[PDB]
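What follows is a deposited structure in which one can find imipenem (open form).
Positions are given from 1 along the sequence. Method of determination (from the header): X-ray crystallography, 2.2 Å. Quick note: numbers below take in every heavy atom, side chains included, and nothing from hydrogens, waters or symmetry partners. Whatever order the structure lists them in is the order used to number ligands and atoms, beginning at 1.
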Amino acid sequence: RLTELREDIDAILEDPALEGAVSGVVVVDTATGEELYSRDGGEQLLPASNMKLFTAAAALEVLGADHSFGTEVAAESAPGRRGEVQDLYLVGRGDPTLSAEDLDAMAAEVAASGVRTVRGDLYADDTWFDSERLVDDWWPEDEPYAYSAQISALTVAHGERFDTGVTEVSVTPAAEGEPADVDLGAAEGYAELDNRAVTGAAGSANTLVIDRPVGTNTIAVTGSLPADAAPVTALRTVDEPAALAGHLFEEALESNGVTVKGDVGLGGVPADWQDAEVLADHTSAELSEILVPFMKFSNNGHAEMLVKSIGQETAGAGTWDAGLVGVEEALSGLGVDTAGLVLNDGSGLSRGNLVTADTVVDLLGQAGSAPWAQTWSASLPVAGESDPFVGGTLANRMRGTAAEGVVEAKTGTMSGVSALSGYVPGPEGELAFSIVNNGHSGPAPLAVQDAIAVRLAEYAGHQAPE
Ligand SMILES: *C(=O)[C@H]([C@@H](C)O)[C@H]1CC(SCCNC=N)=C(C(=O)O)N1
Ligand SMILES: [Mg+2]
Ligand SMILES: [Mg+2]
């Protein structure tokens, strides 16, 4: 029975999709510590988004499942009979799920607190983290796209997935030959618009491109949208998420009857402020709930923000240097051997990250017996589950196989790198596996990863739902 499995995995790994690739594959029975399968287990490889496994476990160690995140609004003193204040500060302390609606609710509080007029300026304070927006070795060409959003302590999260530091651009065709209509979403009045796009004939080819040119705050739109096309939406990053948050907050104040007379910019609450008056605040959901959209959809912004929150909690430093040491120390304190680990970010976007499949499985075992094991487990994509908040990045993989509804695993893919690691619960014991592939030259070997996870599900005693 055990010899069949090794033969079957051996054969799966001969697939031509893995030509010239190195593949770390480890499978362990977690009830006994029995190594069921091991190849290139100690080989150092890029993890891509499997890096998030390390980040999530450390966040739960350092911050706790009950940890929540605060945002507040501050003036030098409370408002008067006249209901006036001078400068106002919106202060972000690392909430990765702060919505436009949370801004409106804080704006209503400011009004309710007696403010009618902000006579001075509105400043967006993100000083709880440092102002290092991107990791050194991240690629500049990626910057326009949600997964490369700038990192800040104060950022507005979009939608129920809470994509941070982005705006939703919507392009709608007009009559043929008329410019396409571009709607910048939340960044209206914040980001600049360079719209060169036209509406093409009905049935013409869609060549529409939406860019943010490197080192600018301009949404540049080119190409041609067919007159008969459905409108196109895309998430695009902005420069300085905190200043977009400031912009949206100004609007929310105005919309709740509070007149802002001055300008909007970045700035930290002055040191010379004696006893700041907190005029409004907001508390995020607890980390256990935040772990769901973070890990199910592999949210890079959430990961980096949790690293810096780790740096804040361990060292008073909202920094990658500090946060990444904190991740490593949390993992060690958990009993994980971190010798094979090189940590350059929390999300796994960085090509400077390294793991080994053995280190991954080690972590899977330690996390499985931690006090927070269930919270952690619930955050992982579940093979083949059609509800996006349940199936996550595995929603349309492994359907109608023994893995469906059973395998819980984290994904990860970029150019030349793909990974799948997690658990296979069986009638007998929970299996832990890690599959890390580097160096394949075609599509990410997802079918190969599926075949192994499916084989493990079967071995554990499972059968495909019909
Ligand atoms: C992790 O590997 C990357 C991260 C580096 O940006 C993200 C992107 C993806 S793949 C495309 C997103 N959803 C999949 N349809 C993942 C992922 O784990 O799938 N994480
Ligand atoms: Mg605006
Ligand atoms: Mg099954």
| Where do all copies of imipenem (open form) show up in the model? | ligand 1
| query | Under the nomenclature of UniProt, which macromolecule has the greatest contact count with imipenem (open form, ligand 1)? | reply | D-alanyl-D-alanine carboxypeptidase
| query | What protein heavy atom sits nearest atom 4 (C) of imipenem (open form, ligand 1), and how far off is it? | reply | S49 OG, 2.9 Å
| What atoms of imipenem (open form, ligand 1) come closer than 4.0 angstrom to any heavy atom of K410? | 18 (O)
| request: Heavy-atom contacts with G412 under 4.0 Å: which atoms of imipenem (open form, ligand 1) show up? List them by number with element. | output: 2 (O), 18 (O)
| field | UniProt active site of chain A: closest residue to imipenem (open form, ligand 1), heavy-atom distance | value | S49, 1 Å
| message | Hey, could you tell me which residue and atom have a covalent bond to imipenem (open form, ligand 1)? Or is it none? | response | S49 OG
| query | Relative to the heavy atoms of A48, which atoms of imipenem (open form, ligand 1) are at a distance of less than 4.0 Å? | reply | 2 (O)
| query | Counting both backbone and side chain atoms, is some N or O of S347 under 3.5 Å from an N or O of imipenem (open form, ligand 1)? | reply | no
| Which residues, listed by UniProt as substrate-binding in chain A, lie less than 4.0 Å from imipenem (open form, ligand 1) by heavy-atom distance? | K410
| query | Which residue supplies the protein heavy atom nearest to atom 20 (N) of imipenem (open form, ligand 1), what is that atom called, and how far is it? | reply | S298 OG, 2.8 Å
| Residue, atom name and distance, where the atom is the protein heavy atom closest to atom 14 (C) of imipenem (open form, ligand 1) | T393 CG2, 4.0 Å
| Nearest to atom 9 (C) of imipenem (open form, ligand 1) by heavy atom, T411, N353, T413: which? | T413
| Within 4.0 Å (heavy atoms only), which residues surround imipenem (open form, ligand 1)? | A48, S49, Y147, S298, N300, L349, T393, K410, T411, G412, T413, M414
